[PDB]
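Beta-lactamase bound by avibactam (bound form).
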Amino acid sequence: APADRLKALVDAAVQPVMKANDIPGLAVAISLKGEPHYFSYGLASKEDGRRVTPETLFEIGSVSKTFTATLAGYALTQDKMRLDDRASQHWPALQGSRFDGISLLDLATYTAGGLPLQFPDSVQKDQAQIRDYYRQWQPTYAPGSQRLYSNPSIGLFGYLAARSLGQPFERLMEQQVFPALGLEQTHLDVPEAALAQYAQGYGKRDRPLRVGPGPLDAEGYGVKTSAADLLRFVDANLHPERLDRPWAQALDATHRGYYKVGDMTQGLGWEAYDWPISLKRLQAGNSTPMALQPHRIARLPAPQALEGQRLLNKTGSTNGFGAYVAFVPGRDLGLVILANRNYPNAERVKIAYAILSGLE
Ligand SMILES: *C(=O)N1C[C@H](NOS(=O)(=O)O)CC[C@H]1C(N)=O
C-alpha cells in the first residue's frame, strides 16, 4: 500500500533523528501532489503525557520571518512602502540617524551593515529602549555589502512595514494576515482557550522552556503554530494564485532573490537553493557560520524569481523548540518539521532531505 511506503519513508527519516537528539515530540506535515499527510511522534508534554498531533502548537522561532516577510509583501502591493525606501521614512524618531542611509531591502536581507544577531541584553521589550537602540546604532561596514543574520534587522523591517500600514505589527498579523491565509491555529499571543494545545519546550536537563517577551519578538521569532497550519502556509506559498490577488502578490514578494552567499539565494524570509543539491551543501547553507558570521554578498543584477527547480527553506529555533520548513515550487512538494527541542539545524535538514529524496 502507498500509505505503508510513505509511513515507512517518514518513520525511517524521523525516528533515528528523534532518538539521537532526544526529541520528546515531533510533528511532520507533507504536501504531496496537492494532498496533505501528517505524521506525529512522541509527546507534546512529558509530564502530562499529552501526545503530539497535527494540531499541537509549536514555537517556530525564525520561521516567523516568512510571515513577517508576507506582511511586508502586502505593504509593498498596497504601495505603502518600497524596498528602496530609506528606513527612517517610516519612523520619524529615526530621522537624522544612520537609518537615513539604509534601505528597507537592507534591513529585510540582513545587509544593513552589521546589525547584530540579537538585540543586546540591555534592550528590553520596550518601545523607548528599541527606538533609542536604533537611533544610536552605527554600521560596522557599508550597507548592502555584507550579510550578517540579524533579528534587530528584519525585526525593524517588519516594524516599519507595520508603521507604513498605520497599525501595530501584531494587530495586522492577527486581524489581517492570518485570516487572509486561512490560519486559525497560528498565533503571536496564544489564547488562553488554546493553551492546552501548546507543547512544552525542553532544554538542558529537560528544563521546560517557552519563549519569553523580547524586543521585536513578534517580527523576528514569535509565531506559535501547528504542523497542519504551517503546511497550509506552505501550500499558500506553493499556490499564491489560489488566494485573493493582494495576498497572492504579498506571497509572490517573498519568492524573489536579491543576492547569493555560497549556494544560497536570499529572498524576503525564504532562503533558496538549486534543487537537486547535495545534503552536505544544504546543511552548509543552514550551518552555524551562516547564522553567526558576516559574508560578502554576490548581488544579482535584477531580483530573481525563486521558482522551478529550487528548494526554498527556513530554519527556526527558540530555547525549547526546533523548526524547519522547505518546499519545491516546481514539484508542488512541501514539508514542515516541528519539534519541542532545539536540536541542530544539520539534523533537521537530514530528516527533510531523506523525505524529499524518497518522494522524488
Ligand atoms: C531564529 O529562530 N533564530 C535566529 C538565529 N538564526 O536563525 S536560524 O538558525 O533559525 O536560521 C539563531 C536562532 C534563533 C534565535 N535564537 O533567535
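For this chain, numbers begin at 1 and follow the sequence in order. In listed order, ligands and their atoms are each counted from 1.
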Just to be sure I read this right, does avibactam (bound form) sit under 4.0 Å from the backbone of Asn286, its side chain, both, or neither, counting only heavy atoms? neither
Contact atoms of avibactam (bound form), heavy-atom distance to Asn345 under 4.0 Å: 9 (O)
Check the UniProt beta-lactam-binding residues of chain A and list those with any heavy atom under 4.0 Å from avibactam (bound form). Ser62, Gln118, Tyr149, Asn151
When you measure from the heavy atoms of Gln118 to every atom of avibactam (bound form), does any distance fall below 4.0 Å? yes
Tell me which part of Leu117 gets within contact of avibactam (bound form): side chain, backbone, both or neither, using heavy atoms under 4.0 Å. side chain
If you look at the UniProt active-site residues for chain A, which lies nearest to avibactam (bound form), and how many Å separate them by heavy atoms, rounded to 1 Å? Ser62, 1 Å
So, is there a covalent link between avibactam (bound form) and the chain here, and where exactly, residue and atom? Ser62 OG
Which atoms from avibactam (bound form) have a heavy atom of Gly61 less than 4.0 Å away? 2 (O)
From which organism is chain A, by the entry? Pseudomonas aeruginosa
Which chain positions lie within 4.0 Å of avibactam (bound form) by heavy-atom distance? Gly61, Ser62, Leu117, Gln118, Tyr149, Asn151, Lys314, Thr315, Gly316, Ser317, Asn345
